[PDB]
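Contents of the following structure include R-argatroban.
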Amino acid sequence: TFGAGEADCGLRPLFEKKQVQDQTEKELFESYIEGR
Amino acid sequence: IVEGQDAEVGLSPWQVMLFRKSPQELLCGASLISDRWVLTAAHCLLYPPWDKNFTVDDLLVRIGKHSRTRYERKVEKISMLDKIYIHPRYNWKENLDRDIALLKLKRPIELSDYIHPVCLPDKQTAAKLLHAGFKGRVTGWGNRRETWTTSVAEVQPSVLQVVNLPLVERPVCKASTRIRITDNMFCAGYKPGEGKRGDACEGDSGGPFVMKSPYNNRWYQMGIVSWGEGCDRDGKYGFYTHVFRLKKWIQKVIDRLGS
Ligand SMILES: C[C@@H]1CCN(C(=O)[C@H](CCCNC(N)=[NH2+])NS(=O)(=O)c2cccc3c2NC[C@H](C)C3)[C@@H](C(=O)O)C1
């Protein structure tokens, strides 16, 4: 385990590593620029 | 997961199922935070009001699944836990405070296209992502509505469920409940007026509440599915172990001392 990033961690092999986005990520990015 | 949807494949590659060994049943969710270590909720192992006090050979863990039901041969790992670390100031006799548990796998997992760790939050990602109205991602296999039961509770998804649900501000988490809140927990969900819905429910507990940092494109587990009054009631929110604050404990036990 590491805090902040075990190198590849939270980078999913099928999504970020293939630079594909999942079907609901934009809802979250939306929520981001609805705030700060 | 109430009002959620079926997840794409490879969506939470950190999703872990906490099963009873014999006779088999799904007890909780948990996540993979490295090829040895699983984080889940403490209530999953030890709830003394209900005589629940599960040991290392009551339990196994499955990894890399997408469907709840049938053995995905090429891709799933069953594994046995070597050890179980529950927080000492975990409080089952009230409000499930410090509700976190770490499970040591018997041997390392071989990471895969379907099995891969999630990160624990740093200071700065906790400071930048934890704001009211920002959404994170619950996933799990638990019931899709509140139930009692008949010969079975009917409510079980074939495939992994996703819901995205906004962080809620603390004096409203506070005032949603007669239960004592403590800084180790946060709530999330939609407010009565917002007319979107969704929530964890039973069998989703122990699972990840993750947020993606735009900054580096990584997913961080900010929460563990902790407790609720029922599932997706209105005026009511889900509560969630605040992983970052209990980062003192996590790094403790993993490095032996460590805090
Ligand atoms: C023993 C564990 C404690 C946590 N649980 C729960 O909290 C369930 C399920 C809610 C699901 N919805 C949600 N997460 N929004 N809600 S509950 O049925 O109202 C309840 C059962 C037993 C204990 C407690 C409960 N209420 C919160 C309280 C601090 C601890 C149960 C679970 O299995 O998830 C039982």
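Quick note on labels: first sequence line is chain A, next is B, and so on, each numbered from 1. Whatever order the structure lists ligands and atoms in, that order sets their numbers, starting from 1.
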Discussion item. Can you peek at the structure and tell me the main thing R-argatroban (ligand 1) is bound to, named as in UniProt?
Written reply: Thrombin heavy chain
Discussion item. Could you check which other chains have heavy atoms less than 4.0 Å from R-argatroban (ligand 1)?
Written reply: B
Worksheet item: Got the closest protein heavy atom to atom 4 (C) of R-argatroban (ligand 1), with its distance?
Response: B:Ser226 O, 3.7 Å
Discussion item. Please list the nearest protein heavy atom to atom 33 (O) of R-argatroban (ligand 1) with its residue and the distance rounded to 0.1 Å.
Written reply: B:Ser205 OG, 3.7 Å
Worksheet entry | Closest UniProt-annotated active-site residue of chain B relative to R-argatroban (ligand 1), heavy atoms to 1 Å | B:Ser205, 3 Å
Fill in: Min heavy-atom dist B:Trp50 to R-argatroban (ligand 1) below 4.0 Å
yes
Fill in: Option of least heavy-atom distance to atom 12 (N) of R-argatroban (ligand 1) (set: B:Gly228, B:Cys231, B:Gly230)
B:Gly230
Discussion item. Could you tell me which UniProt domain of chain B does most of the contacting with R-argatroban (ligand 1)?
Written reply: Peptidase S1
Item to complete: Identify the binding-site residues of R-argatroban (ligand 1) using a heavy-atom cut-off of 4.0 Å.
Response: B:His43, B:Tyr47, B:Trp50, B:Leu96, B:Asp199, B:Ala200, B:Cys201, B:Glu202, B:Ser205, B:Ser226, B:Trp227, B:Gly228, B:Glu229, B:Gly230, B:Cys231, B:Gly238
